[PDB]
Peer 1: 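This structure shows hydralazine in complex with 2-aminoethanethiol dioxygenase.
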Amino acid sequence: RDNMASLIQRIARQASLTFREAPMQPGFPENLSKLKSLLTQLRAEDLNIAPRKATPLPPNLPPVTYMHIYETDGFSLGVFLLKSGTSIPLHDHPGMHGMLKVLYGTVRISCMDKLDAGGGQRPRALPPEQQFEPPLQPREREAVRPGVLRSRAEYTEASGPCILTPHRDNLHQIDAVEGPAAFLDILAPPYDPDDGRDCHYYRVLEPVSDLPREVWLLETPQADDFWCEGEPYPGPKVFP
Ligand SMILES: NNc1nncc2ccccc12
Ligand SMILES: NNc1nncc2ccccc12
Ligand SMILES: [Co+2]
């Protein structure tokens, strides 16, 4: 069709409309569904990203890299590229909406939430006799929170986009399965560590089993061996 912008430009426009009057323009549910529809059409070749295959990882190379596409105050738009056998560790997205689309390879995504009384749960404190492996230091026991592990599935470019909300599937872990993988990620609002909106990491405690099952979650510092460095984005530019 004549004069159509690139798909990635149109994704960026729609995320901007989604996450920021006669006739009435779309509301949030309609805009979210349109954003989702655009992401379902996106292929790696639309970003000029050749699928990557396996090559031992030198200790100085990042396990994961990041391609910056665009960002505003409303959203961030970029690509994460995982090397073989790497993992984006379990983390949350506080108060955020998220949408991701696998471009190549296969990822295991585990989706979780911390219990929230605003949803009709009655979150309880960890019981004192409940023990774990490894055992919990006293300051760690006080910091444990209950949560629920909702799903743990493999996703490829043929899967629908994966969506999260402030209150549903807000925690996830992404493991690269059977070689390298990459996905396009939209986050809204973006992280802002200077304004106290950081990426928080977690571990699921193993005590002393189908889904969904309740679990115990402990926040933890970013792992020593996890870091994500930028690399050039080769696809169509998002203007301006
Ligand atoms: N930004 N660099 C790094 N950040 N965190 C962990 C690292 C581990 C090995 C090499 C580089 C690392
Ligand atoms: N699910 N992906 C991610 N979500 N939030 C923050 C991230 C930071 C680094 C790498 C991946 C991230
Ligand atoms: Co994430």
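Throughout, chain A uses the PDB entry numbering, with the displayed residues spanning 3-22, 40-74, 77-229, 239-270 in order. Whatever order the structure lists them in is the order used to number ligands and atoms, beginning at 1.
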Peer 1: Just curious, which ligands or chains go with hydralazine?
Peer 2: ligands 1 and 2
Peer 1: Which atoms of hydralazine (ligand 2) sit under 4.0 Å from any heavy atom of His193?
Peer 2: 1 (N), 2 (N)
Peer 1: What atoms in hydralazine (ligand 2) come closer than 4.0 Å to a heavy atom of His114?
Peer 2: 4 (N), 5 (N)
Peer 1: For atom 9 (C) of hydralazine (ligand 2), which protein heavy atom lies nearest, and how many Å away is it?
Peer 2: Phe101 CE2, 3.7 Å
Peer 1: For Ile195, counting its heavy atoms only, list the atoms of hydralazine (ligand 2) lying under 4.0 Å from any of them.
Peer 2: 1 (N)
Peer 1: Short list, please: which atoms of hydralazine (ligand 2) are under 4.0 Å from a heavy atom of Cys220?
Peer 2: 6 (C)
Peer 1: If you count the atoms of hydralazine (ligand 2) from 1 in the order shown, which ones are under 4.0 Å from a heavy atom of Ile109?
Peer 2: 10 (C), 11 (C)
Peer 1: Can you pull the source organism for chain A from the entry for me?
Peer 2: Homo sapiens
Peer 1: With nothing but distance in play, are any N or O atoms of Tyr212 less than 3.5 Å from an N or O of hydralazine (ligand 2)?
Peer 2: yes
Peer 1: Among all protein heavy atoms, pick out the one at the shortest distance from atom 3 (C) of hydralazine (ligand 2); state its residue, atom name and that distance to 0.1 Å.
Peer 2: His112 NE2, 3.1 Å
